[PDB]
Peer 1: 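Looking at a complex of oseltamivir carboxylate and neuraminidase A here.
Chain lettering follows the listing: the opening sequence line is A, and each later line takes the next letter. Numbering of chain A is taken from the PDB entry, so the residues present carry the numbers 307-776, in order. Shown for chain B, in order and in the PDB entry numbering: 307-776. Hydrogens, waters and symmetry mates play no part in the numbers below; they use all other heavy atoms, side chains included. In listed order, ligands and their atoms are each counted from 1.
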Number of protein chains: 2
Amino acid sequence: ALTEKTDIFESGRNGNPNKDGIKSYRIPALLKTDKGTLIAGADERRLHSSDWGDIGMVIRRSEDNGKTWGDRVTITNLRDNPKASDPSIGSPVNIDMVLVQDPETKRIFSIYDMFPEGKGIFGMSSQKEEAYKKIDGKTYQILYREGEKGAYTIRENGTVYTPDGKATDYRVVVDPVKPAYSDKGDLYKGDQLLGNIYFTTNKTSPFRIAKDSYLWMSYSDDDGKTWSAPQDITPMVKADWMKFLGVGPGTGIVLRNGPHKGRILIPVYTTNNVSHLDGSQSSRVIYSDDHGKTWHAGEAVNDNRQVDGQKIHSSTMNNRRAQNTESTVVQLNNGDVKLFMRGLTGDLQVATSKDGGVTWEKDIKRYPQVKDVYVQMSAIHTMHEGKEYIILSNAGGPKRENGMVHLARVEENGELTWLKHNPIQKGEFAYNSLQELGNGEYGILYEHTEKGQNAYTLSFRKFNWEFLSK
Amino acid sequence: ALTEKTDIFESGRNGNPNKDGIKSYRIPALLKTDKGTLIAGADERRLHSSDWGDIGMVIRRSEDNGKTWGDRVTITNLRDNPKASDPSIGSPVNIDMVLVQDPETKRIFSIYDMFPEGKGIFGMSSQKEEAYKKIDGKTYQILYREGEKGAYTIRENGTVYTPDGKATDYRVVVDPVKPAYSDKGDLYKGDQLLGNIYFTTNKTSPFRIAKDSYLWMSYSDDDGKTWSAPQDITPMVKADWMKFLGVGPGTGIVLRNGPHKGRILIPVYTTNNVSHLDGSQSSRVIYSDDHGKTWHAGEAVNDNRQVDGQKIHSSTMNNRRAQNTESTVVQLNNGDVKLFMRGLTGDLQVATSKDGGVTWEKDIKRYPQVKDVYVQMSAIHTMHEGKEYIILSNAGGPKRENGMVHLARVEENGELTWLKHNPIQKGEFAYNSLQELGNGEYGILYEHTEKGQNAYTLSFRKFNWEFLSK
Ligand SMILES: CCC(CC)O[C@@H]1C=C(C(=O)O)C[C@H](N)[C@H]1NC(C)=O
Ligand SMILES: CCC(CC)O[C@@H]1C=C(C(=O)O)C[C@H](N)[C@H]1NC(C)=O
Ligand SMILES: [Cl-]
Ligand SMILES: [Cl-]
């Protein structure tokens, strides 16, 4: 009914790197593809377990439903700043992926955060630094030159233009070609490599991007074997007021029914400049109606939400307990979208959208039946014997421990009834990602440690309906 | 050399209404047209002197250079909410105008603030209420309905659409026809008047606009005699992060030389949601390059500005002393644009733009020769014999008192050499607006009180080069 665990990404032990030189893996995503392949994605956290440093976005593939797994494939690994004083914060950063496959095109997307060199989200400037400029209708990423106020721009072919609109002999590698695209952002003056636009300290080149928060996408058209260069989708979805915008990691969905069938939904969340991480973390989705070419931001759950008899908005709120952060998204057979959101009530919080994830109903539903210890979760739709269910996995508590799989019946009015709660992993348990495998089987990729393992080793189990019904 | 004062807009006395039932006039704008007409504009503040209540945007014309003045012409006067409990905050508000004429098309523009019913800027919602939505490429104003979360929209012909995009039987007066356009915003169902979308208390209709900050424009093609219905320019210029966006009142300019010649410049300022009126007031200009058809926001003087060794941005700043508010704008013969900004240094603060008002140099210049008591000022370019000068008028201080006219030589690099400082009005003295009359003559419209006049009576004096020079 429940398989023994298979370690997919193994961390080092007792604070040492593993044999591949990697201290930590974090942030699992699991995707069953049209070919039946399982793709397991993770942050490869080389130097330490924190949300910054030298991190690669990686996947492994299983062609036998999780029994065996191929070599690590690295999607993106930006090169470190070789002159950084603190290597622990010395690299441009990618973290936190969401995987999804388009069922019409078979294109597989990995969407993940990016920050320039520094302490990840904690490296963002304290005052806003504009990251893009719209010039004659085209959006260009901004560069700042040492000692100068003005916004240089990266235009076609990566040619750097002066704030006054004059082409220079500086060029940015906008079409990276090295393994894992480690050359992305490299800055050249003609033939000479000078540095990298993502470096923020001890620079050898004149130019850097804004110390802001970015969203990148990479895609695979060969079942996860090879991956595109990263696409910068930030300007499509990030409003000027947003401070952080980043993914709720795991596995997104494509709507399978209703007027918005085919729409791809990716959980994200934002902060504002009023209260940032103290009081404004707010869930929403971004979405594509054209198979991943263009993206749009849905409204926040928190936009025009009534909290304590007063309205809030994600752009202006400052309310610690009204926050909702990383989320997981499911569509019901009736077309409604449920967003299960990490939050600070101690129990499961759920928002509902009747318009394919663009706007949210006025009430967030809470379920005391399911504890939320403030950690990521995953949830998936499933049918069992003509009946509709949702399976949700997260930590049982009291801390990030005792992995649970929760089973809810989806009632005829779209409400949820929690029926079963079963342990899947004793001891440490954090982030996780669920997938249906077919024939009454489900798979999960999750964070756990034992035997001195560093946070975390990402392991895989399969379970069936008999496990769920216990 | 200096005429006696002529009262153009007369306030009441000792706290009472004047003979027309108007307590106060405020916020002068003076415009010398191509025909030679003088247009004097003001807020007609019926109920009291504050920046809210029942206020009309008015002008008077003089066809003989300030000797005689015609009847008051009301550009815009939104109707009050007849059901408001407190009539002093009981009307949708317009306040603060900027006048300018396009020298090519001769069209005259009046641009001014608008707020829905309440205490003016102090009636803005504490949390963001979205004011506009883009649907099918088109931008629509939002309406909120009592007890409903979703955004209704005002679409073609004023027809109200549901949040889910269905036409209702409700309609908004979007093309007002009553004198002074007092029917603007009226909410009808079929042919029955139900209320007004600008009303925010004790409503008789289901709908209101966002409690936000707006910018409206009215224009005249007949030398100020008649005026168009108000045009909502807000969505063209107001970023999502901006809380307040309003004009720096007085008289705007059209650039007369350089690559941007023809551009109309209107001083405005913003606040953000981080510190609002406490630490974020920030000057900039909005501009039109197509004779007032479309408008764009320039960058703030405060954007990426270095203050006490650290950068600020207008969208995130919280620095009382770094604020700059209402301003007056002048183009030099060398093409530079100077922005003289009301601020909190006690002396004259000046920003410079080399690109027609879009971006500003890193340093704000302070001129200790000119006191600034934290009050609006006006400034104009002038040629005399034929050397280039600026004339600037404000209060000499210590309070809002002792009107001064300041004369600067503009040097070839755009530096200002202050030559003369001449008193023009003893006693109370506040907002003002200068114009060149020709033949070495200049006219000014300013706020002053005497003999128990309520703030303010707006008066007009002419002076010549003889007065300026001693
Ligand atoms: C930014 C929100 C939160 C602050 C504690 O950090 C998240 C928490 C995490 C966690 O609770 O384990 C891991 C996430 N990968 C991280 N995200 C980022 C962007 O760093
Ligand atoms: C909003 C800035 C300030 C409040 C501190 O109010 C301004 C001050 C004024 C003043 O100092 O006399 C008059 C302006 N008409 C007013 N503007 C608005 C929009 O109300
Ligand atoms: Cl560099
Ligand atoms: Cl009403």
Peer 1: Which components of the model should be assigned to oseltamivir carboxylate?
Peer 2: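 Every copy is at ligands 1 and 2.
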Peer 1: List the other chains with a heavy atom under 4.0 Å from oseltamivir carboxylate (ligand 1).
Peer 2: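 Non-hydrogen contacts: A.
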Peer 1: Before signing off on this row, confirm whether A:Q587 and oseltamivir carboxylate (ligand 1) have an N or O atom pair separated by under 3.5 Å.
Peer 2: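 Between A:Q587 and oseltamivir carboxylate (ligand 1) (N or O atoms, distance only) the closest approach is not under 3.5 Å.
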Peer 1: Which residue and atom name correspond to the protein heavy atom nearest atom 19 (C) of oseltamivir carboxylate (ligand 1), and how close is it?
Peer 2: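 Of the protein heavy atoms, A:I401 CD1, 3.5 Å lies nearest.
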Peer 1: With a cutoff of 4.0 Å, is A:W358 in contact with oseltamivir carboxylate (ligand 1), counting heavy atoms of the residue only?
Peer 2: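 No; A:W358 lies far enough from oseltamivir carboxylate (ligand 1) that no heavy-atom distance drops under 4.0 Å.
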Peer 1: Indicate the covalent partner of oseltamivir carboxylate (ligand 1) (residue plus atom), or none if absent.
Peer 2: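 Here, no covalent bond links oseltamivir carboxylate (ligand 1) to a chain.
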Peer 1: At under 4.0 Å between heavy atoms, is it the side chain or the backbone of A:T631 that contacts oseltamivir carboxylate (ligand 1), or both, or neither?
Peer 2: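 Answer for A:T631: neither.
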Peer 1: So, does A:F550 sit close enough to oseltamivir carboxylate (ligand 1) that a heavy atom of it is under 4.0 Å from the ligand?
Peer 2: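 Flag set, A:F550 near oseltamivir carboxylate (ligand 1).
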Peer 1: Is the closest heavy atom of A:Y575 to oseltamivir carboxylate (ligand 1) under 4.0 Å?
Peer 2: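 Heavy atoms of A:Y575 do come under 4.0 Å of oseltamivir carboxylate (ligand 1).
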Peer 1: What species name appears in the entry as the source of chain A?
Peer 2: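 The deposit names Streptococcus pneumoniae.
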Peer 1: Examine A:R706 against oseltamivir carboxylate (ligand 1) and note whether any of their N/O atoms are separated by less than 3.5 Å.
Peer 2: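 Such a contact does occur with oseltamivir carboxylate (ligand 1).
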Peer 1: Report yes if some N/O of A:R648 lies less than 3.5 Å from some N/O of oseltamivir carboxylate (ligand 1); otherwise report no.
Peer 2: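 Yes; the residue has a nitrogen or oxygen that sits under 3.5 Å from a nitrogen or oxygen of the ligand.
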Peer 1: Below 3.5 angstrom, do we get any N/O pair linking A:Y737 and oseltamivir carboxylate (ligand 1)?
Peer 2: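 N/O-N/O distance under 3.5 Å: yes.
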Peer 1: Do you see a protein non-hydrogen atom under 4.0 Å from atom 5 (C) of oseltamivir carboxylate (ligand 1)?
Peer 2: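 Given the 4.0 Å cut-off, atom 5 (C) of oseltamivir carboxylate (ligand 1) does not count as touching protein heavy atoms.
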Peer 1: Any chance you could list the binding-site residues for oseltamivir carboxylate (ligand 1)? Cut-off is 4.0 Å, heavy atoms.
Peer 2: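 Within 4.0 Å (heavy atoms), the residues are A:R332, A:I333, A:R351, A:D357, A:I401, A:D402, A:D419, A:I427, A:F550, A:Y575, A:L583, A:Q587, A:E632, A:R648, A:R706, A:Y737.
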